[PDB]
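Step one of this worksheet: look at the structure below.
The residue numbers of chain A are those assigned by the PDB entry, with the residues present covering 25-182, 221-472 sequentially. Whatever order the structure lists ligands and atoms in, that order sets their numbers, starting from 1. Reckoned from all heavy atoms, side chains included, excluding hydrogens, waters and symmetry mates.
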Amino acid sequence: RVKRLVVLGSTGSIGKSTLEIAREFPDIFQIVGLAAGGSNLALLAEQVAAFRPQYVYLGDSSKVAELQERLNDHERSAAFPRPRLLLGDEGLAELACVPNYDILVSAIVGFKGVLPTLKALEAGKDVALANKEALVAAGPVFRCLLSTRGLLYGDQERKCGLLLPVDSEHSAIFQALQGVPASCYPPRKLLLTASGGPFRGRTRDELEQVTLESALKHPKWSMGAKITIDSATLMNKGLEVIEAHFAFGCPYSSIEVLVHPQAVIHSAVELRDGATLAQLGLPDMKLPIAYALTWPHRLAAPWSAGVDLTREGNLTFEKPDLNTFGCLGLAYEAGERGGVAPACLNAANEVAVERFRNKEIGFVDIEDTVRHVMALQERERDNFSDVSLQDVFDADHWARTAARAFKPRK
Ligand SMILES: NC(=O)c1ccc[n+]([C@@H]2O[C@H](COP(=O)([O-])OP(=O)(O)OC[C@H]3O[C@@H](n4cnc5c(N)ncnc54)[C@H](OP(=O)(O)O)[C@@H]3O)[C@@H](O)[C@H]2O)c1
Ligand SMILES: O=CN(O)CCCP(=O)(O)O
Ligand SMILES: [Cl-]
Ligand SMILES: [Mg+2]
Ligand SMILES: [Mg+2]
Ligand SMILES: [Mg+2]
């Protein structure tokens, strides 16, 4: 009855919110595993000491000695059973395959979450999937593995484990879809709401003078760096459009993106009769994270506040400006092309976001980086057809090298 969790990326935004839930409901949740990359070992050490995982994976093996030290400090305050450390590229896979856990919280960023996510599902474990990049890149493989071309989340296949959404928009849609019978599925239209990010209503030339600083101040949501930057480019919504296609089995024509700055409506579905079902809330990821862990039950928490529309003011809905923010067009083009185009788009974007965060390239060059890569992938072969997992790996790599080699125009 307890749910044993393995949290990947425990030190990030999603990971910490997950453990906040585990801490408030210790009778329900037990932590068997934590994984982190090593950039914040002080927090990993305090997480290990608090939750006493049996297994810990460390993405950077160079910092085993520092982790051991910080654990040794915590042991002097209070003794706890030392975990077995897992390392290397095979470490994440072994952790995901441990028996003795029910749910894998996949909150690693990027393509490095794909495989652990895959082997947990195959190992019969449910996956609360935050890592959108997995489904963007390896959508077909998830669809084949879960043996569905429709709704991948849930068990509405009415052995593999269940896949449940953590992202705010996919959670809203998934909650709104609860109770929609098969006769009304797929929905007519999927409405994904985007805050529009901090540069809403700015010209493309106003975006030349934009600092990393300004890009990292998000109006409605407090999150990681990559996702916050992607909301400023609107490549975050672009990625969610492709994720939705594979997750809900909807054509790209059925998928609409509305700029809703107040971020009150988290996303919606339109049904055959013209009824729209929308899920509303405050911008806190503990609701969706918790729903992925409790589905179909909903936990009542001290932070479980709820939105007051009278107080909130007024709700605005607008079309995105596809000229200024070309990343959204790039996602739609990539999705319609199919094959490994989604993968190349994601990798090119990951690289451009990192280069933008290391001050090597500027903001406007993120879109031009992604455009450059995909122009070339079009010129190279287009056989697509079947999408092998290794085919995704090869394109991801190729795209990363091309994204790094891109030199901004002079
Ligand atoms: N509000 C949200 O944040 C939100 C909402 C919806 C979806 N998502 C999606 O979920 C993913 C996580 O986003 P986030 O904001 O939580 O990212 P983040 O805050 O930057 O967290 C990154 C996590 O991944 C760990 N990590 C990095 N490299 C690793 C590696 N090689 N091996 C093991 N762990 C590694 C990191 O450890 P260290 O930092 O210690 O190195 C850290 O714990 C993203 O795809 C995001 O698009 C996020
Ligand atoms: O998990 C929450 N999001 O992905 C949405 C916040 C980013 P947006 O500006 O694209 O709505
Ligand atoms: Cl289905
Ligand atoms: Mg996280
Ligand atoms: Mg434990
Ligand atoms: Mg096609």
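- Lab note: of fluorouracil, fosmidomycin, valpromide, drug at ligand 2 is fosmidomycin.
- Measured by close contacts, the chief partner of fosmidomycin (ligand 2) is listed under the PDB entry as 1-deoxy-D-xylulose-5-phosphate reductoisomerase.
- Of all the atoms in fosmidomycin (ligand 2), the ones that sit under 4.0 Å from a non-hydrogen atom of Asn298 are 4 (O), 7 (C), 10 (O).
- Listed by number with element, the atoms of fosmidomycin (ligand 2) under 4.0 Å from a non-hydrogen atom of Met347 are 1 (O).
- Residue contacts with fosmidomycin (ligand 2), taken as heavy atom pairs separated by less than 4.0 Å, do not involve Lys282 at all.
- In terms of protein heavy-atom proximity, atom 11 (O) of fosmidomycin (ligand 2) is closest to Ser257 N, 3.0 Å.
- At a cut-off of 4.0 Å, the other ligands and ions listed near fosmidomycin (ligand 2) are ligand 1 (NADP nicotinamide-adenine-dinucleotide phosphate).
- The protein heavy-atom contact nearest to atom 3 (N) of fosmidomycin (ligand 2) is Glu231 OE2, 3.1 Å.
- Nearest non-hydrogen protein atom to atom 6 (C) of fosmidomycin (ligand 2) is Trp283 CD1, 3.2 Å.
- Close contacts of fosmidomycin (ligand 2) with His280, meaning ligand atoms under 4.0 Å from a residue heavy atom, involve 7 (C), 9 (O).
- Of the protein's non-hydrogen atoms, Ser293 OG, 3.1 Å is the one closest to atom 7 (C) of fosmidomycin (ligand 2).
- For atom 1 (O) of fosmidomycin (ligand 2), the candidate residues are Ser37, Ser230, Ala256; the nearest heavy-atom contact is made by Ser230.
- Close approach of fosmidomycin (ligand 2) to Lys299 is summarised as follows: ligand atoms under 4.0 Å from at least one heavy atom of the residue are 8 (P), 10 (O), 11 (O).
- The residues lying within 4.0 Å of fosmidomycin (ligand 2), counted on heavy atoms, are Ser230, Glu231, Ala256, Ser257, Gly258, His280, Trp283, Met285, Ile289, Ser293, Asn298, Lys299, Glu302, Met347.
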